[PDB]
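The next block holds one structure in the form of structure tokens; read it before the comments.
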Amino acid sequence: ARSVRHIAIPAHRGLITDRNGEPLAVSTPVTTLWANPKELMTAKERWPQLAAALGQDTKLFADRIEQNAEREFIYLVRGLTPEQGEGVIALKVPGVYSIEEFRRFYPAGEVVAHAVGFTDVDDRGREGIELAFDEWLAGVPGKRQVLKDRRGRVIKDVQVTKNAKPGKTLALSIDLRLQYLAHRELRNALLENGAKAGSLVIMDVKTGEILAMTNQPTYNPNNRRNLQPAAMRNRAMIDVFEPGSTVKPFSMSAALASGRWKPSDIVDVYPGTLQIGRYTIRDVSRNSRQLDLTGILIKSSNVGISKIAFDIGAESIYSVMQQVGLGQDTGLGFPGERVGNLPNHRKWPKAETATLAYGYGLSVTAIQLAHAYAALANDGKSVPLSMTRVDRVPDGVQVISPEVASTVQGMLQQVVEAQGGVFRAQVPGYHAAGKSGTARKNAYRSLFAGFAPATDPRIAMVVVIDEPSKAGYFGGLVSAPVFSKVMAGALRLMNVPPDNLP
Ligand SMILES: *C(=O)[C@@H](NC(=O)[C@H](C(=O)O)c1ccsc1)[C@@H]1N[C@@H](C(=O)O)C(C)(C)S1
Ligand SMILES: [Ca+2]
């Protein structure tokens with residue numbers, strides 16, 4: 001006859017912005033149309049006009065109502081624009097009611113899809129920052145009393161028992177200007193090399209802020225109809241890999257901290273191979289005998305780093321990679337975020353000791369690698385990672401001694417600047433530093449990791465490109481130029497003064 005019931009007042013989801021207030025995810029009013037079927041069933045002459053307005057076949061529409069005749073609630077359509085919800089309401093069909101809902105719009109679309117993420121049908125986080133800060137963004141549903149007749153018809157609008165609590169604004173650490181650049185250059189690099197995937201992370205070495213995170217492939221999160229799982233993967237945070245030679249700078253920090261090695265020390269890498277039981281450590285270029293520690297990094301000698309590893313022990317190298325966060329929790333609390341793995345031993349056999357030293361048998365992500373490189377560039381101090389704007393920087397942890405970190409920084413500027421090094425990584429007007437890699441996954445993963453300006457580091461960057469299909473596949477040929485192009489732009493967009501001066 002008369003029953004009081006309660007309907008949910010859905011809340012506004014919080015505005016996401018970039019670090020400078022550029023909107024990245026904006027809650028847009030939509031209209032969900034619902035029908036009371038037992039009510040519809042006394043205005044059957046209206047159904048054809050409604051079916052046609054909802055773009056439905058007349059008999060399919062009528063069978064639907066006639067099927068659910070005993071029900072008092074069916075959805076007609078969720079999430080129409082107001083201008084098409086209202087056009088249906090305008091037919092005045094007895095028992096057709098409307099709900100002002102919210103649906104997300106992403107003004108930057110595919111450029112920042114993986115980082116900002118995606119909302120499900122109920123407007124809840126499903127991916128990236130939407131899933132991570134879902135509780136902060138979500139607000140809380142309101143609650144409204146409704147007097148209902150014995151047919152399921154709304155007798156009245158009684159009195160809201162609770163108010164909708166709207167979710168809060170979130171400013172990302174991401175700089176849309178650097179994100180756009182990182183997106184564009186990584187996309188050009190994929191198509192130019194005919195590669196399958198790629199990731200590029202830009203970090204602030206002083207604050208722990210992620211300034212850009214892009215992956216190929218990506219997707220338009222405004223196109224809800226054809227989600228392909230592959231193109232929605234935030235590769236930077238969920239796709240693990242062996243970092244290969246890009247961990248050699250950590251093996252070297254272990255060596256310089258041991259008390260057993262200085263940069264002017266020599267290793268004999270003749271004849272470019274080294275047998276270790278039934279495994280052969282192999283150098284790409286094999287016309288070397290004596291190399292200085294700096295030369296081992298410039299030539300990327302696997303034998304060279306392996307010999308240093310046999311002398312200092314795997315434990316010292318494991319402990320550096322552990323301290324800088326390789327295969328360790330990032331703390332970022334993105335669900336489904338993979339941590340990869342750092343293998344441990346009580347007794348390190350010779351083979352595992354060598355492969356660790358040149359980055360095999362560990363699995364890391366592009367965000368971990370960028371974070372280790374940020375700790376090296378910021379004088380051996382690791383600042384906690386952040387995907388939201390940092391106004392008050394937390395205390396960092398000293399993970400490599402400042403003198404060792406400074407010495408490895410210099411060796412990495414020679415890797416970029418010296419005869420025979422990775423010249424494609426050179427950032428005109430600046431001193432740049434870092435290290436190439438190329439991992440057998442014949443198909444390859446092309447890596448460059450570094451930071452700039454060398455004289456006072458501000459930015460760390462990782463570029464990873466999976467299976468370039470042109471003739472050049474070395475990280476130094478494929479990823480270095482991307483790091484170069486994006487670094488030139490990123491430093492200039494940050495008004496970092498060019499440091500290649502007298
Ligand atoms: C480090 O990544 C290391 N790569 C290799 O040794 C690869 C392997 O495991 O055999 C390799 C060798 C030729 S293609 C892949 C050295 N660093 C690389 C780099 O700096 O790009 C290298 C290709 C110079 S060898
Ligand atoms: Ca410094």
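Throughout, residue positions are numbered sequentially from 1 according to the sequence presented. Order of appearance sets the numbers: ligands from 1, and atoms from 1 within every ligand. Values below: all heavy atoms of this structure, side chains included; hydrogens, waters and symmetry mates excluded.
Looking at ligand 1, one finds the drug ticarcillin (bound form). By contact count, the main macromolecule holding ticarcillin (bound form) here is known in the PDB entry as Peptidoglycan D,D-transpeptidase FtsI. Ligand-side atoms of ticarcillin (bound form) in range of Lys435: 20 (O), range being under 4.0 angstrom from any heavy atom. For atom 2 (O) of ticarcillin (bound form), the closest non-hydrogen atom of the protein is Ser245 OG, 2.3 Å.
Polar contact check, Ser436 against ticarcillin (bound form): a nitrogen or oxygen pair lies under 3.5 Å apart. The shortest N or O to N or O distance between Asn302 and ticarcillin (bound form) is under 3.5 Å. Near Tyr360, the atoms of ticarcillin (bound form) lying under 4.0 angstrom from a non-hydrogen atom of the residue are 7 (C), 8 (C), 9 (O).
Residue contacts with ticarcillin (bound form), taken as heavy atom pairs separated by less than 4.0 Å, involve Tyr473 solely via side-chain atoms from C-beta onward. Close approach of ticarcillin (bound form) to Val284 is summarised as follows: ligand atoms under 4.0 Å from at least one heavy atom of the residue are 12 (C), 13 (C), 25 (S). Between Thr438 and ticarcillin (bound form), an N or O atom pair is found at a separation short of 3.5 Å. No N or O atom of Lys299 sits closer than 3.5 Å to an N or O atom of ticarcillin (bound form). Polar contact check, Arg440 against ticarcillin (bound form): a nitrogen or oxygen pair lies under 3.5 Å apart. Structurally, the covalent attachment point of ticarcillin (bound form) is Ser245 OG.
An N or O contact shorter than 3.5 Å links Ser300 to ticarcillin (bound form) by distance. Within the structure, the closest approach of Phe474 to ticarcillin (bound form) falls below 4.0 Å when heavy atoms are considered. The residues of other chains having a heavy atom under 4.0 Å from ticarcillin (bound form) are listed as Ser245, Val284, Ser300, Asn302, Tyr360, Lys435, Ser436, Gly437, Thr438, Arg440, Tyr444, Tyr473, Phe474, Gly475.
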